[PDB]
Every structure is written in structure tokens, then in C-alpha cells.
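Here the structure comes first, spelled out in C-alpha cells, and everything after it is commentary.
Chains: lettered A, B, ... by order of sequence lines. Following the PDB entry, chain A residues are numbered 333-407, 414-626, 630-780, 792-830, in order. To match the PDB entry, the residue numbers of chain B are left as they are there, and the shown ones run 334-407, 414-780, 792-830. All ligand and atom numbering here is 1-based and tracks the order in the structure.
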Amino acid sequence: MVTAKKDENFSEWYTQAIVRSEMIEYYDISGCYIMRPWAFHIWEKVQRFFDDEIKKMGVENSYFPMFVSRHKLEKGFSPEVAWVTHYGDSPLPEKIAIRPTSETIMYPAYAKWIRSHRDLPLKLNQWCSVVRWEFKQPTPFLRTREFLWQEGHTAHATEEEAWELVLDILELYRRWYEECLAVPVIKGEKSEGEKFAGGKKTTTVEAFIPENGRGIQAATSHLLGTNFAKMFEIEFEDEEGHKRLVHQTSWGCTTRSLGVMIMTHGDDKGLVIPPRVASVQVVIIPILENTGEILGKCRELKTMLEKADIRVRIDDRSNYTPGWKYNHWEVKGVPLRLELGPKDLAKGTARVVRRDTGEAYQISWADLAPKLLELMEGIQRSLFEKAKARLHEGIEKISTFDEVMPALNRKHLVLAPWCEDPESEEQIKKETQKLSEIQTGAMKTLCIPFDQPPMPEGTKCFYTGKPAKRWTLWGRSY
Amino acid sequence: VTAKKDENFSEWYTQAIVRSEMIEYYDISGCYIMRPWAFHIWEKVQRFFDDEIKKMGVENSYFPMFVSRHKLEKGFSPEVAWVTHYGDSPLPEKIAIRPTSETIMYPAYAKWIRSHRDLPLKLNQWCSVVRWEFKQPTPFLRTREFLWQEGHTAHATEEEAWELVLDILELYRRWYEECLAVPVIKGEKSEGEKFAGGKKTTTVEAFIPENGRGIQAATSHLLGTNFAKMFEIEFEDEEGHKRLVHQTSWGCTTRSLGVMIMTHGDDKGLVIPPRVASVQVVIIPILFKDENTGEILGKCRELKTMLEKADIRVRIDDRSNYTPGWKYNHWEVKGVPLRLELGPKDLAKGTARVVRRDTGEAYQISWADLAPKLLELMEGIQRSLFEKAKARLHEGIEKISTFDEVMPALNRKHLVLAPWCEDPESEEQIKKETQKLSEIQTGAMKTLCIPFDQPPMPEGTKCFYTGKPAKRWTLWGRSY
Ligand SMILES: Cc1cc(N2CC[C@@](CO)(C3CC3)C2=O)cc(C(=O)NCc2cc(F)cc(-c3cnn(C)c3)c2)n1
Ligand SMILES: Cc1cc(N2CC[C@@](CO)(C3CC3)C2=O)cc(C(=O)NCc2cc(F)cc(-c3cnn(C)c3)c2)n1
Ligand SMILES: O=C(C[C@H]1NCCC[C@@H]1O)Cn1cnc2cc(Br)c(Cl)cc2c1=O
Ligand SMILES: O=C(C[C@H]1NCCC[C@@H]1O)Cn1cnc2cc(Br)c(Cl)cc2c1=O
């Protein structure tokens, strides 16, 4: 049973929810966690969605090695990578790192494979795990030392084609969150200080966690331009015979998405899993003395529902009371519970309870499959709409810096007109950190949203008083 | 490809996998890049196997890639890769990259399993593992990092665990025979060849005629209660008594792709069985001197739509910057089962010319007949690839009765099926003797498996090596 209340002790609530729902197991190596089937099935669902979509775009999957040579990674202080230095008791002549990302593994191959315009575009993806051995405190799903992800890497003859792909991928990430996970996200461009330094422009989808007021980056898609093509000599002869640099993109999204989903939809009773990704969509709980009447009808119902492609489990485990099973599956977040006891059997009905609201329905056995499909569609949409309402309520539009600290104290983000000077972003981070100290606490840019309201002529930047350029979203962050 | 498969087999294999764009080389020895053309086949067999194990109630999971020194070694270290530093700082205790996940998963199993209500526990994961052997690698077959799936189950009874071992082994037979069209032999490993941590190891074995070697294709172990004792995986039964779980584990890797390549490839390159071909039919418009360009391209689009309506996986190669002859050779070296050519004449005739990759046979087919006729041809290709490979397997196994027949059979690049007493001392002696005789003429012959399909053992039959009473017919040969 979940005892910590989500609004009062959010961090303990999160730990309880992910452990008692059987999503994670702890491990002796800090920063690494076991992903149990209840969570892994959600990853499998989003992976299938995204993989099907990128295949429609002509992206093909591949698999590159998990190791990169020291001289290829460092193309005098090491990055925060895990170094393999020995095989058995024998030192390697040159240490090798576990991939933190695969640019330095893939791009030498791209340089070999690309020789002429005929070879472009080149569009590859891989599903793997990466390792980033940061010394800070980990958080399951959200910030871990090893994590599962997909990384896409493309090369094109023109920047326009590369940018088109950047935006198509970002739209797929919006769909991953909004359509599969029912989590609303905001598409935007990263500031110069926050973008990937190896690239030209970084686009992002950002999510908001109301309980701690923090934004979190949900996925990323980069227009790399020609920087990496210069560094790796990825050149092609054009249709007229001149050597040119390719224009590249890269993009990724991780199991952080599951953590965002958990935090968005969970409640005081535990998880709430959107029907589109739930391992089990309907749990059948026989109200049981096993004559065979009740479980016979349950097996018939499960067969029937599975013909409608509903993911069903009958919980016929012994020595647990019905109420125990009800709470067990509520903590796990199954979106629908189907109760079948003796009175139900006598009437030819079943009692269906939806997890998000607790509303109960008496449904005849015949109406079961269509009514349950309808209810799952309603649950999915209601989860999304309520989360989107909370997102809207969490963003305050401001004009001057003196509004910032009140908004941050309300656990809100701010949308502010900004001159986009990177010096000013560093100054704002320092000032908000120190104001929080006197009163991390730093506010930073989350993104410059694609959806720009008009910028009235003469609008001043909320911090510098210089002419504002764009409306920018700021907040405390992960 | 220019090397002949029947002359320089290793060189043929390297040319086949490079020129088909299946692999790319890499600067760290023993690791290779799996390019999209190879990864497509992997995706097909992964989907088959994952669908089937899900039907059995096995659920996917993901455990960490790292194992602490004290948990792995629960002296001289094993052939694992050791992480010793994060950045410039030494780890307080070094950690290994997984070579397999027993030591990572089983402490969790011990925590999770409390009563019979928790059993059976059936988990699988798709991942890569690392085995840092000092020997020469071979792409797909023997590499230092490789992709695989490892399944690990726990049961209340040995009977249930053994039933699962055999169900999984049958899935591996289907992975090879139904998907890859590679015939395999199910069997039990000898005492000297089985997984030491388990009670009985079952296997599927394939045969490579060009070098006379058996190769283990996949494995499924009855672990019994050994790991349950080691990791304290116990459960309370219905009577309230504490008992040990009965476990299984099982795995299969991208070695399967290399076995497919070696089995079906020919002097022209790869031959992909239709059931694992991401492109089953390639349509090639013959464009020359601007003769009917628009008509030909429109018709190719129509044909692709029609064939896709029949679930045939079709690609039109309308790339303007390659000639038709180049396209012919490209898709042939890549092993696409069927090539469909449509030129000006064919547009006039209402026909298309189709060539099958395995035999080269050509067919003129009316556009209306295309879908059913191509389905029929793909069934024929899949069946023929399997049947020819099975005939080669049959021809490569000699039944023997005495050790004096062994060296002539090995020199014919064959396996031997011999009656054996099953004494491990005798397997060790046979390995040494056959290596020595080979040297005089690696060359050691070992057991590959004791097949499930046992012919009768006539009373009084003597072991082919020791002269003691034979127990079972055993398959032996040179091996990978
Ligand atoms: C699961 C995951 C996802 C992502 N990212 C980033 C990119 C993105 C965006 O969505 C996606 C690929 C594109 C994503 O998912 C980043 C990390 C991560 O930085 N891990 C290392 C680590 C370990 C640790 F023990 C502690 C901390 C730590 C503690 N405090 N701070 C400030 C850091 C960090 N981890
Ligand atoms: C791809 C793959 C698959 C399997 N196995 C084994 C089990 C099985 C059976 O099918 C499946 C999981 C159950 C499978 O696929 C074993 C290896 C492997 O031993 N790698 C290490 C290595 C690296 C290296 F550079 C050289 C050598 C080397 C050279 N000569 N010798 C005698 C060894 C070995 N590799
Ligand atoms: O990983 C990236 C850039 C992009 N790679 C492709 C997938 C999407 C992703 O945003 C940025 N990044 C992030 N963290 C890193 C940590 C280390 Br350690 C190293 Cl060496 C390198 C990096 C590093 O390059
Ligand atoms: O890996 C195994 C046994 C089984 N594990 C589950 C998947 C199927 C597989 O056959 C045997 N094995 C093989 N090679 C190994 C190499 C090293 Br290095 C280590 Cl430490 C351990 C092992 C080791 O245990």
C-alpha cells in the first residue's frame, strides 16, 4: 500500500510508487536499477510506436559497439565515462570507454560510407543503453548512470533536408509523450547556453512536474550542421563534382519518459498507467471455494476480450482476498478492474471500475468488449486533458524580473520576453540561485517555444531591459 | 564476390558479409558494426522468438550491464572486461561487463520469490554481452561483444522446468528451420560439454559442410536446484515447507545470422530466405535513352501497390544515379529472393520478368498473376533452401562403429554418429587422440550432442572407443 501522499512528500511518494508497483528493483551498483516487466512493457510499447514511425521515414536500425577507444572518444581531464582497463588480469594496451553516446563510434563509419551525393541521405538509428558515470545522486528513471535509449543519426546533402528531419523527429517525440504516455509537452528551441555544443541548433520537448515545480527535458533533436562533418571528414562529391560537407542530425529519447509518465498520472493510491501502454489493461478479479463456476466464466470473458485485442489478466492467485487484489492492482495502476462474483454470475453482468476516477459500471457480458474499448479511450483522453490543464496552470506569463521569485515560490514556470543574450542567462541562474539561498534553486531556460505569441514592438527583455526577441520558458529544472 | 565458396571458404565468407553491407570493421578487435542489412534479419528472428515466448508467459525485463567483483566471483579472474575508473578516478571496487546475467539476476530472484504464489517466474532480456577472449574473432560466429536474448525461469517442480527447457529448445529449432531455413539437430550435451552450473544442457547443432565443423546454434539448460542453493532462492509450498526452486536458462545470439550466411550463400553472395528478407521483391525499372520513362515508373508504382496488398515486402529501386546492371548485381549480392524487371518491351507485353535468387530461374508473369505467382515462388524458395541444406546435413554424417573409421570420416569433412559409453575420460582421450593424429597428418574431434532422436541401441553394442557397453548414439566432429 502507498502511504506517502503525492503532494506532501513527493520524493518518498515516487520511491514508494515505483517499488510497490513492481516497476524497479534496487541494485548494489549505485545509479543502476533493474527494470521489472511492469515497467519494461511500457518501454516495449513506446519503442514499437517510435520504431514503426521512423521506419516510415526511411530510418533503418543498426547496432554499433558499446566500446570506444580512448583516442577516438577524446578526438587532460577525462569526461565522466566508465573506462574498461583490463581483460581478466591483463591491462589493455589502450583503455576503452563505455559509450555515453555514439557520435565517436558511428561518425568514422559515416565518413567511410559517404562518398557521393548518391549515398545520401543516410539515416540510422539504434536501440541500446549508454553509461554516464556522474558523481551526483541518482533518481530511478529520471537520472541514472546506465539507461536504455534510442539514438538516431542522419546525414543529408542540404541543411533544409536535415532541418525538416529534425522537426519530423521532434513531432514523433511529441507523439510518444502525448499519444502513448498521455503527457503534454512543449516543443521548443534550446538557448545558446543550453544547446548541444557539438551542434548548430537543439530542439527539445519539455515536460512540467507540478509537485516540485520543475521542468524536465523529455527528448531532444539536434540540427548538427556541418561541425561533425568537418571533425570527422564526412564529405561527398556533389552532382557537379565538388567536395561538400554533409549536414547532420541526431536525436534521442530514453526511459526517463516512463518516469515522467509515472509522475504525471500517479495519485495517492499509486500509479495510473494510460491504457495505450499498460502491460495489463483489464485485470479480472474473481471474488473467491473453487467450484469452477466463477473461474470458468472469467476464462470465457478473458477469451472474449482478447479477441478485441484487450490485454487481460485473471488474478487467480490463492490466499489473497479480493480486496487485497483490488489494492494490489490499483497500486500497479491497471486502468480497469473487472469484478466477477456470485451475484455478478447470477445476473449475467460484471462490475468494472476505472482506476483514474474510481467510477464503477455495471455491464452485461455482451456489452463488455465495446464498453471496455470505449472506457479505455475515455481514460486515455481524460488523463491527457487533466495533465494538460495542470501544465497550463503551472505557467505564469511575466514582464519583469521582480515577478520571477513569487512565481518560482508558487512552483510555477515563467514565460517571459527575452533578448536571448547567453550572458544574461548565466546572470539569471546566479541571481535566482542566490535569491533562493537568501530566502538547486537556480532558474534556467527550458526552451524558447515554437508556438510564439506576438512580440509587441518595443517590448523590453524582462531582465536586461534590452529589446526582447522571443518569449522564453524558464523555471527550476532537473 | 570473387572468392569461390568451395575453394577459399574463409575469404568467401568475408567477401560475402562485407560486399552485402552486413558488417563494418572497427578499430577495437573482436567487435564489428552490424549494418542495417544484417540488422533487418535480426529484427525478423527477434520478433518471431519474442512473440512465441510471450505466448508462453515469459515477460521481458532489463537488468544492468555491470556486475560487482564480489557478486561475479561469488585466484585468477575470468575473461571479462573490467571497468576500473570513472573519468580519472578509480572505482573503490572494480565492476565487470556482463558475460551473462546469472550473477546479476539471481539475487533479485531470491528476493522476489517467497511462496508458490510467485511461481513460475519467467523473464527474458534482449541485450549484448561481452566475453573478452584472446583468440581470433570471426564476424557473427565468435565475437567479443554480441547481441543475444537470455531467458531465465524458476519453477516449483523439475518436471515443469524441464517441460519449459524443451519448449524453448523447440522454439530455437523453429528460429533456425522455419525462419532461417537452416536444419539443426536437437540433443543433450555430454557431461564434459554441458554448462557446469547446471544439471543438463540441451542444444541445437548446425553443420558447416565447407569446413566440416559442427557449430552450436542455441542452448537451453535445466539448472535444477544448483543455483537455487547458491543464491538462496526458496519458496514456501502449500504445505508450508521451504523448498528450492527449479530453474532454467537459455540463449541464442546473432551467431544465427552467420550460420544462415554460411548455409545458403553462394558464389554470387548472400541468399536470404524469404521469411527473413526485409525486401522480398525488388522492382528494377530499366531506363535507357529516355525510352518510356514515365510509363515504366508509373507501372512500377502500381505493381508495388498491388504486391503490398498481398503482404509481399516490395522495394522499387528507382534511384536515378545507378544503372540497371548495377542494381541487378547490388540486389543479387545482398540476397534479395526475387528481382522483378520492367523495361519498355515488358510494358508493351503486359508482363514482368522475375528472377529467383537461389536458382537464377526466370519467369515471364502477367501483371494480374504477379501476386499469387510470387507468393508461390517465395514458398518454393524457402522450402528449397531448407531441403537442400538438410540433404547436405544428411550427407555430412557417417554412422560408424569403431574408432578406426573416425580419421577417414574427419578427412572427408564429415561428422560421425557413434555408439558411446558416455564416460568423460573417454571424451577427453578422444579429443587428445584426434588432435594428435590430425597434427601428424584445431583438429580435435569432440562430442557435439547426444541427439534426442535415438535409433535403437542393440543389446551388446560396444562403445566405439572403449569397448565398454555403449549407452547412446552420439554425434561427434570438429567444431567451432
Ligand atoms: C535516464 C537519464 C536520461 C537523461 N537524458 C538527458 C538527455 C535526454 C533528454 O530527455 C535524452 C537523451 C536525449 C535524457 O533522457 C540523462 C540522464 C543522466 O544525466 N544520467 C547521468 C546521471 C547519473 C546520476 F547518478 C545522477 C545524475 C545527476 C544528478 N543531478 N544531476 C543534475 C545529474 C546524472 N539519465
Ligand atoms: C557471437 C558469439 C556467440 C557465442 N555463443 C556461445 C553460446 C551460444 C551457442 O549458440 C548461444 C548463447 C547460447 C552462442 O551463440 C559465443 C561467442 C564467443 O565465444 N565469443 C567470445 C570469443 C571472441 C573471440 F574474439 C574469439 C573467440 C574464439 C576463437 N576461437 N575460439 C575457440 C573462441 C571467442 N560469440
Ligand atoms: O549525447 C549527446 C548528444 C546526442 N547524441 C545522440 C542522441 C541524442 C543526444 O542528445 C550529448 N552528450 C551528453 N552527455 C555526454 C556525456 C559524456 Br560522459 C560524453 Cl563523453 C558525451 C556526452 C554527450 O555528447
Ligand atoms: O552463459 C552461460 C550460460 C547461459 N546463460 C544464460 C544464457 C544462455 C547461456 O548458455 C555460460 N557461460 C559462458 N561463458 C561465460 C564466460 C564468462 Br567471461 C563468464 Cl564469467 C561466464 C560464462 C558463462 O557462464
What is the PDB name of the drug at ligand 3? halofuginone
Check your understanding: Quick check: main partner chain of halofuginone (ligand 3), as named in the PDB entry?
Key -> Prolyl-tRNA synthetase (ProRS)
Write down the other chains contacting halofuginone (ligand 3), where contact means heavy atoms under 4.0 Å apart. A
Starting from atom 18 (Br) of halofuginone (ligand 3), which protein heavy atom do you reach first, and at what distance in Å?
A/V419 CG1, 3.4 Å
Record the part of A/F534 in heavy-atom contact with halofuginone (ligand 3) below 4.0 Å; permitted values are side chain, backbone, both and neither. side chain
Could you check atom 17 (C) of halofuginone (ligand 3) against the protein and tell me its nearest heavy-atom contact, residue, atom and distance included? A/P438 CB, 3.6 Å
What I want to know is whether A/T439 and halofuginone (ligand 3) share at least one N or O pair that is separated by under 3.5 angstrom.
yes
Exercise. Would you check whether A/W487 reaches within less than 4.0 Å of halofuginone (ligand 3), judged by its heavy atoms?
Key: yes
task = Would you mind listing which atoms of halofuginone (ligand 3) come within a distance below 4.0 Å of any non-hydrogen atom of A/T558?
result = 10 (O)
| request: Using distance alone, determine whether A/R470 and halofuginone (ligand 3) share an N or O pair under 3.5 Å. | output: yes
Ignoring angles and geometry beyond distance, decide whether A/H560 reaches within less than 3.5 Å of halofuginone (ligand 3) through its nitrogen or oxygen atoms. yes
Distance under 4.0 Å to a non-hydrogen atom of A/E441: what atoms of halofuginone (ligand 3) satisfy this? 3 (C), 4 (C), 5 (N), 6 (C)
Practice problem: Could you list which atoms of halofuginone (ligand 3) come closer than 4.0 Å to a heavy atom of A/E418? | Solution: 18 (Br)
Query - Proximal atoms of halofuginone (ligand 3) relative to A/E489 (non-hydrogen, under 4.0 Å) - result: 7 (C)
Next item on the list: For A/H491, take its heavy atoms, then give the atoms of halofuginone (ligand 3) lying under 4.0 Å from any of them.
Entry: 6 (C)
*Within 4.0 Å of halofuginone (ligand 3), heavy atoms only, which residues of other chains turn up?*
A/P417, A/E418, A/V419, A/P438, A/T439, A/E441, A/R470, A/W487, A/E489, A/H491, A/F534, A/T558, A/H560, A/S588, A/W589, A/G590
Give every pair made of an N or O atom of halofuginone (ligand 3) and a protein N or O atom lying under 3.5 Å apart, one pair per line with both atom names and the distance to 0.1 Å, or write 'none'.
unit_1	atom_1	unit_2	atom_2	d
halofuginone (ligand 3)	1 (O)	A/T439	OG1	3.2
halofuginone (ligand 3)	1 (O)	A/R470	NH2	3.0
halofuginone (ligand 3)	5 (N)	A/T439	OG1	2.9
halofuginone (ligand 3)	5 (N)	A/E441	OE2	2.7
halofuginone (ligand 3)	10 (O)	A/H560	NE2	2.8
halofuginone (ligand 3)	14 (N)	A/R470	NH1	3.3

